[PDB]
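Convention: sequence-line order gives letters A, B, ...; per-chain numbering from 1. Atoms within a ligand are numbered from 1 in the order they appear, just like the ligands themselves. Technique stated in the header: X-ray crystallography, 2.5 Å. Quick note: numbers below take in every heavy atom, side chains included, and nothing from hydrogens, waters or symmetry partners.
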Amino acid sequence: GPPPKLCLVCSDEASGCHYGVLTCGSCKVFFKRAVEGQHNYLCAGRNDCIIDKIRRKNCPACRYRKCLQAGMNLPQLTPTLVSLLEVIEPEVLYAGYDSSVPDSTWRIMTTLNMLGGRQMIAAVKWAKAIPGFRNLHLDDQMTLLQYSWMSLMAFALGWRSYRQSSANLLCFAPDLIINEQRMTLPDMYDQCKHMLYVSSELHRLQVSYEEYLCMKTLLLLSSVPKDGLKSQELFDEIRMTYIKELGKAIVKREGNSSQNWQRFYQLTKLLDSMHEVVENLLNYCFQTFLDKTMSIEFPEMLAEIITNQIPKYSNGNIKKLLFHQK
Amino acid sequence: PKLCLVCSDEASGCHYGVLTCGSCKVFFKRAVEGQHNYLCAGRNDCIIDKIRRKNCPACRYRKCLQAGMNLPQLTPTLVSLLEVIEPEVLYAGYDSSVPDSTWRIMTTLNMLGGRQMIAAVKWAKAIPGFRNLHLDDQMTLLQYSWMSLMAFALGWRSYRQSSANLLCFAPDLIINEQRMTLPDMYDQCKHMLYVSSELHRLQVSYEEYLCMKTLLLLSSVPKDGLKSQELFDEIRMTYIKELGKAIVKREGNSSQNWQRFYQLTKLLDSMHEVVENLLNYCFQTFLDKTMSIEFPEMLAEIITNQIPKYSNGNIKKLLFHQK
Amino acid sequence: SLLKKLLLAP
DNA sequence: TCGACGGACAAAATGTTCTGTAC
DNA sequence: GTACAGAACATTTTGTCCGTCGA
Ligand SMILES: C[C@H](NC(=O)C(C)(F)F)[C@H](Oc1ccc2c(cnn2-c2cccc(C(=O)N[C@@H]3CCOC3)c2)c1)c1ccc2c(c1)OCCO2
Ligand SMILES: C[C@H](NC(=O)C(C)(F)F)[C@H](Oc1ccc2c(cnn2-c2cccc(C(=O)N[C@@H]3CCOC3)c2)c1)c1ccc2c(c1)OCCO2
Ligand SMILES: [Zn+2]
Ligand SMILES: [Zn+2]
Ligand SMILES: [Zn+2]
Ligand SMILES: [Zn+2]
């Protein structure tokens, strides 16, 4: 008797070749229902759930994604670079926000700056753990963090907001969530909308965890001094490694020759728009820092980076790296 | 404001030691009695919220045990008129039996867009108090807001016919992800996509959309002022009050209503950058002698007459927030 | 020098 | 009187079998 | 005489309404 054919989606015995792909009966009708049904399936995990006979009812967002990766229409104890990135991912920090007291723009922005300072501290220890960062010069390491701190904070905040609040709210910390009430507070709305674009794009693109981990490391290596770095030769091969790393994460995710490129296009196109997001986020942050009348509190760590950055952008000595235009 | 310690849905009482909703009470009592092998598909940290509680039973059962569970109308309103004069949906006339092209898609959409632009003229000609304006203002307002009206109406159709994720241009021509990554297409779609995303994010009403689109027609004015500025200013604040009336018909809490007006008028403001960015690519394409995409005469006349107005700075874009 | 001291320390 | 338990009933989500139809 | 699409029935999993019973 012939060896049982397997479902390219849930690994249960396949009933035939349905919708172009060797699929089972349960997977076939799930796919016809997802297309015609008009659903905005959300993932409780990180867009990389395991789809098998036992867990196919588990996630319809990842099962409907796996039907498109297999092609429907109408060992592993060898660490990889991204397995290290996952393990060195900073923990969730709490804002220390006293919810038993009424909100205010000052108290909210001060708390988030004081929190952002601690997030920065972790972002330094994270950078040290990235393979090859401490191989570069100290003046380069200091520069890379100074230049890309806002890309790392708005990217990690955008992903936390995507995952935790369906991409509707900003999830700064478990205790300080900028809700619809807090967003319409004075001087809040416009800055929050920039952070929300990051979350809204990660939502539209259904970014997977491995893809996110690679895009984040690539964001640290996205802004360079106009003339270059002390160890620029090394910087280039390090950045090139994580572009190949991103491409590896896109191969698992898409499972198709032509899909692999259309995907790389969008993620790298988002990585480009991150320079415009950070351009706008820093314009308001710098204006607030210099605004003596607002008098919002910035921590000793963050204030130091802000002062040593304001005349570097206004100098043009910042070569923003692009994947698509230049 | 009672919230479920497991799924964050409105809790119904203190069930099995913890404040939970009715759905989690029976999930827990079921999961305990039925000796189950609940396997997690992620990293055993799945998010358990109202929308995703059905997803990971392994993580929901873990969250349950963590929380500490154990065993006569005849008078027409202004907005009722806008509902009647709202234009019908048109068909692109796209033959899907032939492979897609950037040229074929942009040209079909320009052709349909020209017809949608004619329907905007009949629609504006029927807005209460719009016909009352001077004719050289009725056509100035139509020319300034033409892309604002089309993007907002497209955004509403995309929001309504699915969610933010795609561009419902015509019942027969929808722009999916594989279509969006065609040459030159991505950047222009990105702006349209934003309009559907905000409409979705805000869960905008039809009565709210109707009012906002009328305010989008009355959003741009000449730098040297309109010939009927006394009347335009009066028509505009009538529709601003009308938008407020349509926000009243929703929730009804004073601060909720104020905040909703803040968010809605913030979107009406952002439409000026969305249209500025949509026009930069449109005008670039219109002049391009390599792409050769054909625009209908209806839209070519507007593009031609709008390029030097845009440069001269004779467009006073109105703002609700003036930040 | 506060950012430098965070980098220098092990 | 209120509030929680569980049973009874219902809705949502998933899966199988039967049928038509093209070879 | 196989092999699929879609409809029809079916099962599984999840959610609500309600009467009971102790306080
Ligand atoms: C300096 C800014 N100040 C101003 O702009 C202003 C407004 F005060 F002027 C401050 O920025 C941020 C930006 C991200 C922030 C925080 C605080 N937590 N997170 C965060 C959340 C989740 C993960 C990570 C993260 O980086 N995690 C790991 C480390 C690297 O890997 C992963 C960081 C502060 C800000 C303050 C208040 C704001 C605001 C912006 O925008 C909206 C209105 O209120
Ligand atoms: C002029 C643009 N051309 C360029 O910018 C370009 C590409 F040539 F450069 C053209 O714009 C539009 C904009 C909206 C359009 C159309 C066609 N239908 N609708 C539409 C849908 C739903 C409702 C209404 C509407 O108005 N309905 C009622 C009537 C009045 O009241 C409400 C109108 C074309 C465009 C072309 C191709 C594009 C594109 C943009 O964006 C993405 C890439 O492909
Ligand atoms: Zn299957
Ligand atoms: Zn999933
Ligand atoms: Zn619950
Ligand atoms: Zn789980």
Which one of ritonavir, eravacycline, quizartinib, velsecorat is the drug located at ligand 1?
velsecorat
Count heavy-atom pairs within 4.5 Å of velsecorat (ligand 1) for each chain, then name the one with the most as the PDB entry does.
Glucocorticoid receptor
Which other chains does a heavy-atom search at under 4.0 Å around velsecorat (ligand 1) pick up?
A
Check each of A:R182, A:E297, A:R160 against atom 23 (C) of velsecorat (ligand 1) and report the one with the nearest heavy atom.
A:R160
What do you reckon, does A:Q287 put a non-hydrogen atom under 4.0 Å from velsecorat (ligand 1)?
no
Pick whichever of A:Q191, A:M150, A:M183, A:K216 has a heavy atom sitting closest to atom 11 (O) of velsecorat (ligand 1).
A:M150
For atom 35 (C) of velsecorat (ligand 1), which of the options A:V124, A:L176, A:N113, A:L220 provides the nearest non-hydrogen atom?
A:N113
Using heavy atoms and a 4.0 Å limit, tell me yes or no: is A:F172 in contact with velsecorat (ligand 1)?
yes
Which UniProt domain of chain A has the most residues touching velsecorat (ligand 1)?
NR LBD
Pull out every atom of velsecorat (ligand 1) sitting under 4.0 Å from any heavy atom of A:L112, numbered as shown with elements.
16 (C), 17 (C), 34 (C), 36 (C), 37 (C), 38 (C), 44 (O)
Could you tell me if any non-hydrogen atom of A:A122 lies under 4.0 Å from any atom of velsecorat (ligand 1)?
no
I'm curious what other ligands or ions sit under 4.0 Å from velsecorat (ligand 1). Any?
none
What are the atoms of velsecorat (ligand 1), with element, lying closer than 4.0 Å to any heavy atom of A:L115?
17 (C), 18 (N)
Contacting atoms of velsecorat (ligand 1), where contact means under 4.0 angstrom from a heavy atom of A:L152:
26 (O)
For chain A, which organism does the PDB list?
Homo sapiens
Atoms in velsecorat (ligand 1) with a heavy atom of A:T288 nearer than 4.0 Å:
9 (F)
Site residues for velsecorat (ligand 1), heavy atoms under 4.0 Å:
A:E89, A:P90, A:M109, A:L112, A:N113, A:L115, A:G116, A:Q119, A:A123, A:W149, A:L152, A:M153, A:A156, A:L157, A:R160, A:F172, A:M188, A:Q191, A:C192, A:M195, A:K216, A:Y284, A:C285, A:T288, A:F298
Velsecorat (ligand 1): which protein N/O atoms lie under 3.5 Å from its N/O atoms?
from	atom 1	to	atom 2	distance (Å)
velsecorat (ligand 1)	3 (N)	A:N113	OD1	2.8
velsecorat (ligand 1)	5 (O)	A:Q191	NE2	2.8
velsecorat (ligand 1)	27 (N)	A:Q119	NE2	3.3
velsecorat (ligand 1)	31 (O)	A:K216	NZ	2.9

